[PDB]
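Each remark here refers to the structure printed beneath this line.
Chain labels are A, B, C, ... in exactly the order the sequence lines appear. Chain A is numbered as in the PDB entry, which gives 287-381 for the residues shown. Residues 74-417, 429-563, 589-694, 699-719, in that order, are what chain B shows, numbered as in the PDB entry. Whatever order the structure lists them in is the order used to number ligands and atoms, beginning at 1. Portion of entry displayed, and contacts counted within that portion, nowhere else.
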Amino acid sequence: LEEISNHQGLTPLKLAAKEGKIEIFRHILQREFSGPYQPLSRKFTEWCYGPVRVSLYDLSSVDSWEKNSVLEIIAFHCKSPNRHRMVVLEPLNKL
Amino acid sequence: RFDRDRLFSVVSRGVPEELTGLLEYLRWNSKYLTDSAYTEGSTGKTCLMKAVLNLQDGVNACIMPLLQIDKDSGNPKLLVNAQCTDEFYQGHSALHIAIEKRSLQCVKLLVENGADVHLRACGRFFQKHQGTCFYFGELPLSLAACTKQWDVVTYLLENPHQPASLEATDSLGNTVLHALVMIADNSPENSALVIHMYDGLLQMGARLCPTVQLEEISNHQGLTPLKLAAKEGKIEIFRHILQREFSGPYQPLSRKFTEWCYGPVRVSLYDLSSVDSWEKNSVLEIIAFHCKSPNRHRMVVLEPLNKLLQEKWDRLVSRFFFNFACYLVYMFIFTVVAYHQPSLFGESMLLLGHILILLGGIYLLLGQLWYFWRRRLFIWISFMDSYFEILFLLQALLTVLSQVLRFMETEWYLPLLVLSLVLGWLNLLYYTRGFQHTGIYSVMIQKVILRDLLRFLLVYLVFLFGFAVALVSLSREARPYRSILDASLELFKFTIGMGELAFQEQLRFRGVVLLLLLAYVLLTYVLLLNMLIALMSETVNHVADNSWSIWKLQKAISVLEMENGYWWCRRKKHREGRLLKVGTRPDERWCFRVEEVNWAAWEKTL
Ligand SMILES: CCCCCCCCCC(=O)OC[C@H](COP(=O)([O-])OCCN)OC(=O)CCCCCCCCC
Ligand SMILES: CCCN(CCC)S(=O)(=O)c1ccc(C(=O)O)cc1
Ligand SMILES: CCCN(CCC)S(=O)(=O)c1ccc(C(=O)O)cc1
């Protein structure tokens, strides 16, 4: 359902970046579930030990290897004041 | 088959019965569960670590039979004592997993089967550095303390199988009390819980190690837990250790003893053992010269340190102002000899003045080379705030160089003599710290402006040079600005209010030269307006003024230098406080008496 594209070619995650909606953008981008819904995650905790968490984040719409990706959108297609708050989220900050 | 991939998937399910036949396969092959064939890739991680990572409701039913199976296999390198081996996880063990997973039931099961309580998780993940790491010390007991597990700490300390030694140390020599000081953060939630964890381990040391002074144990840097709290700048745990008071069985674990209390007035003896500057590498020397942190000025204003540094300052304020008066007399002679220079009785008095300046310049050069020799190990820490210690060395070098160039008779002696005369009077501002009013203002004035003007200067110099090469190139054609230096100076004069902005009649491009000046003026005044507003936005924040305490630290650094005397006359240090009996160890200590009057705190107890 999140690979369905509107007439601008945007998925829900790409639309949250273009419209600058940091809270729903952050939520979709970092989403983690347990049990039946694990494949609906974008974040998978690999291990946790004391204050340290190691997580795999899914880059499907995100990495700039893809044309019209989330990084290209925040940089060049987003109009909002919020763009500078979106590039400092994980995984985008380390990426 | 009972290969690794069967065993690791079996112990992950928590069903013990699927191990049936593992004994026969291990014996028939003559192999052991701690051989490389039974370990996870790119590490040393065993089937027991795989089991302890997968606890169900606090326990895994496979651990007890897996440990028998190892015990029945006749292994020379027991499965509980096997460790990870790669450069990140080296020395990590199933017991460190059991403690981080918070299972007292699994800690008991491992230690009952002979898991070594003194294994050091010492690979780079467990060291302290700027990357991904988790320092807890390196030992099971230090992990249990830093994860806040009293029941596990109690079990590790006083189980009958293998009690954790409170004297045990990691690869840095840190004991559990150094580990808790390393892990303290100055937030109220962390520091209050570290203070409780520290106190109960110290109170347990009085049961378990009754002859051992756990806070006199030194790590490989020579630091006790109190000295480490000063070097790492941990004010909350530092203040707590320094001012600690107990009643009943634990009174000898105090550093503060209330002598009497009457109304709003408390009189207390404070223990100066690691604290007084009579000892080499003491807490006062550490805060002044070995501590890197922003917190140093907050540490010198705690009791007993505040009254102890005031007592030292009062004994030395006449030496401080004698040192100032010698430097005034040296700067008077310097000025009376830099003025009255000849063209390039009065002549022999001028020669005497040059010899007194040479001797004062050599004296100050030797005194500052002795300072940087003594401060060698922490040399940047010993000048980061204390920038005058460089400016006195520079003034002394330039004084010796200018007299050397004058003996060589080269006329470049005069611009060095004049530079060392300017530095000489600028260095006179060091002594403004001797009085509260001038000494706090010298701290109010100097600030974050020095950091941001060095950033603005890059923007201002790209403007200034970019417009200077342009006005020089365009002012070359006839119908100011003769050279890059002259155009840089005419463009610089606009910032001092001396702009000389005009429609130059003789230049061919005079309208474009005027538009280049109007472009430079508008861009530069927009830049100065951005720069002033940027500085106001960071520096006018309402933070309560921390200048009295930064001045108290300047007086502390001054005292701890003056107590050594001079490079030629190294003073014998007097010892602060009195040797007093505070209790039974008798318990006789160099105590220092502080008297506190505090109506505002006392009235809340009525
Ligand atoms: C070697 C054997 C001979 C010793 C002669 C007496 C030495 C007195 C030293 C002294 O007063 O030094 C003051 C000053 C350095 O100040 P500082 O170390 O506190 O602070 C330094 C910054 N951290 O340094 C000076 O003012 C220069 C001293 C020479 C001029 C003396 C003039 C005397 C007039 C009465
Ligand atoms: C690569 C070693 C990882 N380790 C921690 C680093 C010392 S570990 O202890 O093996 C571990 C911890 C927690 C989890 C988990 O939460 O699933 C799994 C494994
Ligand atoms: C040196 C005289 C001290 N006095 C108070 C000053 C008037 S005192 O009243 O003798 C006193 C008070 C309180 C305690 C106590 O709390 O242990 C002990 C002695």
Checklist line | Drug listed at ligand 2 | finding: probenecid
Checklist line | Contacting chains for probenecid (ligand 2), heavy atoms below 4.0 Å | finding: A, B
Item checked: Shortest reach to atom 2 (C) of probenecid (ligand 2) by a heavy atom, considering only B:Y162, B:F161, A:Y335 -> B:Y162
Next item on the list: Quick one: look at B:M122 and probenecid (ligand 2), take heavy-atom pairs under 4.0 Å, and tell me if it's side chain, backbone, both or neither.
Entry: neither
Item checked: Structural part of B:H165 in contact with probenecid (ligand 2), heavy atom criterion under 4.0 angstrom -> side chain
Margin query: Checking contacts here: is it the side chain or the backbone of B:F199 that comes within 4.0 Å of probenecid (ligand 2), counting heavy atoms only? Could be both or neither.
Written below: side chain
Next item on the list: Record the part of B:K174 in heavy-atom contact with probenecid (ligand 2) below 4.0 Å; permitted values are side chain, backbone, both and neither.
Entry: side chain
Check: What is the organism of origin for chain A, per the PDB?
Finding: Rattus norvegicus
Notebook entry, point to check: Considering B:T116, B:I170, B:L126, B:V125, which one's heavy-atom position lies nearest to atom 19 (C) of probenecid (ligand 2)?
Noted result: B:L126
Checklist line | Shortest protein heavy-atom distance from atom 13 (C) of probenecid (ligand 2), along with the residue and atom involved | finding: A:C334 O, 2.9 Å
Next item on the list: Taking only heavy atoms of B:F198 into account, list the atoms of probenecid (ligand 2) that are under 4.0 Å away from them.
Entry: 6 (C), 7 (C)
Item checked: Site residues for probenecid (ligand 2), heavy atoms < 4.0 Å -> A:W333, A:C334, A:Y335, B:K118, B:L126, B:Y162, B:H165, B:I170, B:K174, B:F198, B:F199
